[PDB]
Student: 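Lab note: mycophenolic acid/acyl-CoA hydrolase MpaH' complex loaded, questions to follow.
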Amino acid sequence: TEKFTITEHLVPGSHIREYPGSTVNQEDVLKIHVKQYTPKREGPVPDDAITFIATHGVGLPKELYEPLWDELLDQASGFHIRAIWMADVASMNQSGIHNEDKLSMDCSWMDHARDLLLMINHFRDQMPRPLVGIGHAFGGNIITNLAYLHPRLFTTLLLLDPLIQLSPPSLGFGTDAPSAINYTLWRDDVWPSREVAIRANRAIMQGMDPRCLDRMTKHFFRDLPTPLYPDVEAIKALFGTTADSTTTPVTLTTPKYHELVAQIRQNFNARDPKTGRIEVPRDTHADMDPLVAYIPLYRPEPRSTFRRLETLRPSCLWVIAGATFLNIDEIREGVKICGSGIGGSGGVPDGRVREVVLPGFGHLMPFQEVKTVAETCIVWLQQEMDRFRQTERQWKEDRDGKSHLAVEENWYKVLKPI
Amino acid sequence: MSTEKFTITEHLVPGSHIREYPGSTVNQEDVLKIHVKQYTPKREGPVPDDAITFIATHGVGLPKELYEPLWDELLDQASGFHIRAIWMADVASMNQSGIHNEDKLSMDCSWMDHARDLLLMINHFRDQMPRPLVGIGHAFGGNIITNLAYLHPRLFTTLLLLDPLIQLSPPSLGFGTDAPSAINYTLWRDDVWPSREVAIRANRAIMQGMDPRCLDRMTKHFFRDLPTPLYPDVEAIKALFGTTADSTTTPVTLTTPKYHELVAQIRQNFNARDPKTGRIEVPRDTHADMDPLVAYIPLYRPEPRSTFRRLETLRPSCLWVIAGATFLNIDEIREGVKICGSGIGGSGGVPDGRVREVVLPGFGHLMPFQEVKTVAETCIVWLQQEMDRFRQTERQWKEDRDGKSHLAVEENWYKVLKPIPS
Ligand SMILES: COc1c(C)c2c(c(O)c1C/C=C(\C)CCC(=O)O)C(=O)OC2
Ligand SMILES: COc1c(C)c2c(c(O)c1C/C=C(\C)CCC(=O)O)C(=O)OC2
């Protein structure tokens, strides 16, 4: 918004959710809240200007990414931005508010891939090639699954600390340390005032770019009443603030429960009570690897996504936070195999995949190190746009004066008659 | 319009933005449309709440209307399920869709595009398509509907695959000692005739043994009167055939140009060998989807092989209806049946009774048009078993969910997930 016009949209998402308990009724129409960022521009839009399709991390409002968009435009070299499109996942942020009477206690990351495919088809007239995907965290997983759904859709992908790995998270089982997931279930989720909520959440905002701070305090917290906290006076009574009629309690805009059921999924029925043996229940958990069913929580998408990486068609930049809490070593094995097999870009051996590990940077680097994250993206984009322009030109040259109606002469040389 | 048992509604709906192969259209941003027929039973009573929405896909160059007698038979013989409606689209490059798109089509075809076209169609008509949905695919349509199930695992309750093109081996293409196949025939075949009566006789192989109801639809839909883009000059063709004096005959051509059948049956692989080493080097700009193991010949078809390799992940239950006297690699198909749904994402497959093969001795690739009543009967037996399972699993789901909050997680979460140490 330093550099862009913002257009808001509310678009219907994918019919029939991957998990039946993700909505109140299985036919519910979830909507996604989209912001479209169009650069303020005197001249006409260049013909190869990029359409960016961006996805956020769990519980992170799309508006937090606006400084990154400003930096991408400010530092753009050898490419133009037609527009950046970022949607809130249906169960989170502004989308979750719009869908609040239809949401329920489940979440598949795959649904947002289908929601985005629908969005792109809805706005196709404003989204000519080239398209580029950007995904942060579970958004990195989602944008990769969109590339699996539609291999030639994206020219390239920009993954920012993507949740693509094999190993389950730490969940405090046995000797394991409780993780952000344990924290999410048990965390405070309501405060007597926005001022108290902001002070109580100093940790998540430490190191944030000042431009992100204002967006965080506005979007991360929501005034009561909400469906989870429908009674303002009952919460003032809980905090003993009833006498202050001027102040409104706030809650997490994305309920902690909607963060939680995106971070991890219940596996409460995997063990035969007689044999003690794991038997995957296919009615509810067909997508669960029996090897991860040993604990009563799982997350299928990081592992399924990792195992399909050799098929990833677009070129792919993996920007990894050196101080991430994700399994950095598994992520780097993902980089190595990415695009190397059938359907694939050609991967690291063809120079179609690169890792940049940013030492000392954390998971929230898109809000803490906006300029360096943008710079890393721009270097890759200028190389990929050079390759795009050359391969597009060579395509047109090779197609020049070929028929649209009948096959070329070589067919009659290779395929014998009867 | 009407079949024996159904109201027909026609639709023209935009397909998927950006085609899998750039040469499948004149311009890469072209908006292809799919011509859809929606078949709604003529019905006295209200529509039951579990009535099935069928999404159907055809074989290469086979007009959707050929499937209408099969739809009539499904409805006439339906037992233990109701039909909400049957929806069948023509693939963008074929049949009525190809006519609508004729100025935008070009010489390439990915089967994966029709899977995305159908996903868009279902979302467009979602208000008329509550669960349960069931997929039906014939031949390359069997491949397509399976890839739709890969795109959206929980979309279909079950799939009905009629001689699906899912196997590992390339087709026979007359290389070396190999017999030429229907693919060789497709490139070289006559594709224009002085009259529809002559065109019917020239096409007798594809029509032999057809049910009379399918024959009438074939003679109406398989041929198109000139002019067309490929044959834009009626008088030039009457001159070629010596029928200029005869005002009573109009030349006809294939409704689906032979070239659009051909580029669906097989894809050029004209640049797979390093000219220096003679070694196969898959060119990733054009052939990223090509297995180097099938790149030894200058033609390939990726989708049967990719689809086969993902079968263990197929979520819906799956009926494999195989023609006795099919042109498919029947032994590879039977290995596909064995693994179908057996892995991660999968139904549970043959060991859980979620996958069944019915190989009908002596039947033919075109069995959906030649043995309509028996094909319908095979489908109905499977559908009644699957709908019993659907009703039971839906009831058990509702029962298990009955106590539960939509807003907050159940108590068990606080038992399994310990708090952070204070
Ligand atoms: C402990 O961190 C993990 C790890 C290692 C894994 C998963 C997971 O959910 C979390 C919590 C995810 C968080 C806090 C934010 C994600 C985002 O910003 O999108 C998982 O699913 O497999 C591996
Ligand atoms: C000779 O038949 C084959 C075989 C065996 C294979 C393929 C193929 O394209 C054809 C021709 C395809 C047709 C006739 C389409 C049929 C339809 O869809 O009704 C393939 O890709 O692997 C195996």
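Chain letters run A, B, ... following the sequence lines, proteins first, then strands; residues in each count from 1. First listed ligand is number 1; within each ligand, the first listed atom is number 1. Side-chain atoms are counted along with the backbone in the values below, which use heavy atoms only and exclude waters and symmetry mates.
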Student: Which other chains sit close to mycophenolic acid (ligand 2), with any heavy atom less than 4.0 Å away?
Tutor: B
Student: Atom 15 (C) of mycophenolic acid (ligand 2): which protein heavy atom is closest, and how many Å away?
Tutor: B:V60 CG2, 3.7 Å
Student: Give me the residue, atom name and distance of the protein heavy atom closest to atom 7 (C) of mycophenolic acid (ligand 2).
Tutor: B:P171 CB, 3.8 Å
Student: Judged on heavy-atom distance to atom 10 (C) of mycophenolic acid (ligand 2), which of B:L262, B:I183, B:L366 sits nearest?
Tutor: B:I183
Student: To which protein heavy atom is atom 17 (C) of mycophenolic acid (ligand 2) closest, and what is the distance rounded to 0.1 Å?
Tutor: B:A139 CB, 3.1 Å
Student: Please list, in number order, the atoms of mycophenolic acid (ligand 2) under 4.0 Å from a heavy atom of B:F140.
Tutor: 17 (C), 18 (O)
Student: Should you measure from each heavy atom of B:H365, which atoms of mycophenolic acid (ligand 2) turn up under 4.0 Å away?
Tutor: 16 (C), 17 (C), 19 (O)
Student: Would you mind running through mycophenolic acid (ligand 2) and noting each atom that sits below 4.0 Å from a heavy atom of B:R301?
Tutor: 21 (O)
Student: Tell me: protein heavy atom nearest atom 8 (C) of mycophenolic acid (ligand 2), and distance?
Tutor: B:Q265 O, 3.7 Å
Student: Considering only heavy atoms of B:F327, which atoms of mycophenolic acid (ligand 2) have at least one such atom less than 4.0 Å away?
Tutor: 1 (C), 2 (O), 3 (C), 4 (C), 5 (C), 10 (C)
Student: Below 4.0 Å, non-hydrogen atoms only: which portion of B:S169 touches mycophenolic acid (ligand 2)? Side chain, backbone, both or neither.
Tutor: backbone
Student: Source organism for chain B according to the entry?
Tutor: Penicillium brevicompactum
Student: Taking heavy atoms and a cut-off of 4.0 Å, what residues surround mycophenolic acid (ligand 2)?
Tutor: B:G59, B:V60, B:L62, B:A139, B:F140, B:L165, B:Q167, B:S169, B:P171, B:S181, B:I183, B:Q265, B:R301, B:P304, B:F327, B:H365
